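A look at one PDB structure holding PF-04691502.
The residue numbers of chain A are those assigned by the PDB entry, with the residues present covering 107-233, 246-309, 325-347, 352-410, 417-864, 872-939, 951-965, 972-1046 sequentially. For this deposited structure, the header notes the method as X-ray crystallography, 2.8 Å. First listed ligand is number 1; within each ligand, the first listed atom is number 1.
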Amino acid sequence: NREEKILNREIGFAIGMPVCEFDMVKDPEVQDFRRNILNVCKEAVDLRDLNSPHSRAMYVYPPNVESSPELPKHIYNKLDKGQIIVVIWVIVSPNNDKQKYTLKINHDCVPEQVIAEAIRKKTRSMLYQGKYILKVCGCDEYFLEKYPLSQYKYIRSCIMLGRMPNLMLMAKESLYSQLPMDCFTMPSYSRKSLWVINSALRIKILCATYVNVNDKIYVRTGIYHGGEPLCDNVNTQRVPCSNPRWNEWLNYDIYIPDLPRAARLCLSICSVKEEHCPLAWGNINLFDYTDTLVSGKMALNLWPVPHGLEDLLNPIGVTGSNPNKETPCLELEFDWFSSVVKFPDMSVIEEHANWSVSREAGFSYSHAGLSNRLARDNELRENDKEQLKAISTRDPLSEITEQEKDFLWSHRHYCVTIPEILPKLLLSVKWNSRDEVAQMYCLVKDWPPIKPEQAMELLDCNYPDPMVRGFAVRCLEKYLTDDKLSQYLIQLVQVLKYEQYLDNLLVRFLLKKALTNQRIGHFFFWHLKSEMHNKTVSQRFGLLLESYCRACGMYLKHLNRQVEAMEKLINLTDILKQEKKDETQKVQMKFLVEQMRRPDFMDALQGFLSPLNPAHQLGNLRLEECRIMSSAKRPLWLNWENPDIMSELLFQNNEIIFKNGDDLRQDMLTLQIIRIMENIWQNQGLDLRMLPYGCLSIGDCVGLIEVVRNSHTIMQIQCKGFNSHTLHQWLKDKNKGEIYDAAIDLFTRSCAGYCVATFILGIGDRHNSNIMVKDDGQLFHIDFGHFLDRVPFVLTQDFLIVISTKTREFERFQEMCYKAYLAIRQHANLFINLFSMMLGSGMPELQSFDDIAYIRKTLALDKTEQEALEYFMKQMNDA
Ligand SMILES: COc1ccc(-c2cc3c(C)nc(N)nc3n([C@H]3CC[C@H](OCCO)CC3)c2=O)cn1
């Protein structure tokens, strides 16, 4: 139609490839995902059309609230008798006069209540009903829901900062006048035997093509469930280099009905010299998306080995053929049985599980042989019930012995009483034994829900089973707040890579939330779009992006304006670091200024939302405040006017650093971990102010960085002014009076926060230029080069003098680092889980579980609470 043709050009621009291309794809799964996902779209749109227009407003401007309405002790204490002084603004008459009405009201007042007092003060300022809404002055953040005022992140941040909230009052009708009439349309594309196989698995390696020049070669194979072999790996015969025809059947120690649902064939072409090397790799799901077992002739196009691969295989790697067909192509053959073999229905598995529990009970009783895996009733002693608990308290990095596994499995029915043990019991299963797997399925089917922070662990590369991942999704669906879903969004987008198929419970969950919360949808779009360059995820992420863009609504027009901006800056910074690299900042700036005269450039680089915070409107480009930086990759310091009616009450200008050349993924993760550490310390009552500024990767070593206003590096404070006493005097000068005592306190609390953080994460070398200080004393670190692969933030005499060595303030400071280290140690399981989910991300500083182990060392998990306290105590004295 007319609208369908306009939509597809808009979707195409957003993804970076035309939609017609997805149709010219003959994979039934691709076309099934495309059609079968459409109900997740339908449900999301329906929820937005439910309480229209209010429900459409909640979509476009979701309330930005904290997870709990409860405030910590140190936060509540800042309120003058549990009450907050709030400032409500009104835009009066035709001359748009800003008029403030100050209040002092209960921090837990709902926005409809706050409005009432503001109308009461307006009616009294001389001596209406609820057709109004509250907005943050200077940004598009609204207060459309009945939450305690202190629950909104702006209000809580204000309390924390000792800043007075500035909110603007406006008509509900004036906001709804900005929400357009969106319509969802149905696209043009929308309109056996089971365990009866009494046989062992064999796979024929026929031949290899596109394998030529540059001693011998072979095909290394293995059958895997996650990253664990379901039997021993089987190699083909060694063969001369250019001639690769094996025509060999490989015979595996697995009986076909014993194959788990998420069983994979993991293969690689290896070179020999004593020194075996993988040339290419590829993995195949033994069952297709429809539960059908792979049969017959097949050809798999192979992938290049990832930089820094362990063994000769890549089990954690992507499944399916490499799209580039000019690559090593391996031709295989699978046994064809009586008909089309299909994995049994849940009911057949349910009956076999009941049969297995029965045969298990009458097995021994009447066996004669010994079994450490048979379940025994009444034989569970209180000293071993307390030993089972000690297992559940173990970190995800800790090794679980074969004895502990047999122990855990014989107690599989008790385990249901310690629900947080499940990841360990799931590892304890003999995943190559249909008998135990059918039984495990029924346990999960009725397993007590676990916390989302625990659920997430069952979504890394170790838990491939659809039932295990389905239960994890179910725990998130019911217990994960939007605040928290937003906080862990980069790991949830990352673990999508561990999914066997396009259509799954996780993608369905993530997409429903994306299409019912625009703040989630923004970052869901950007985290997906930023990996379109990566061919390993291009199709899955592209299809996910198509389904998103097809139902997001008018936000696509906003996303496309953002895409056009980043594309211009990439083009711009390409020319500077290529051609005009050694040219002066005046000539380089003359080129930018000449390019800004161009219409396509002055439309693109102005009047669009900030990808770091879509609540921020980037108006006119103030070139006069922009500069090409001195850094090697020629990054841009960019300055935009804040076109908000009340910009002045937040920030009149918005500064973003656009960088093209370096990987921002490692900074993205370090800044996320900081936000988390900060939120852990804050929840535990100890106020250690951190600054996880915005950093977003938009592609292949391209991204944006939030500039922190009123900040200078440690070097800049030393330089303009060898010198070791300048910092304190500068902070005394920038905070003279009673204002000084607050600044010294904000420097120590922030200085303590970064001391712990950097130590734990093993962050890159911290110097005078890698550290920064705000006008109020707030200390923060920047450019986190590389983590894990020592105390990097060495407290020099410079920082020590600002603290007040044998002082009362330094005795308070040490007590700040100590509680903080204990606070992170009590949460090490979460941090371990966040890094594990990122293994799939191609990050060099995080390629194996060995890398994550660094935080088991620095957080002394194998030691005790007092022992680890002694570890941090000892490591902090060595400077
Ligand atoms: C991963 O890549 C990167 C690249 C840049 C930054 C980066 C962040 C930053 C922030 C958040 N806030 C403020 N205020 N400044 C900042 N800077 C400035 C440092 C001083 C410099 O001054 C000129 C040379 O001395 C101007 C730039 C940065 O570089 C961080 N990570």
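For PF-04691502, every matching ligand or chain, copies included, can be listed as ligand 1. Tallying contacts with PF-04691502, the largest count belongs to the chain named in UniProt as Phosphatidylinositol 4,5-bisphosphate 3-kinase catalytic subunit alpha isoform. UniProt assigns most of the residues of chain A contacting PF-04691502 to the domain PI3K/PI4K catalytic.
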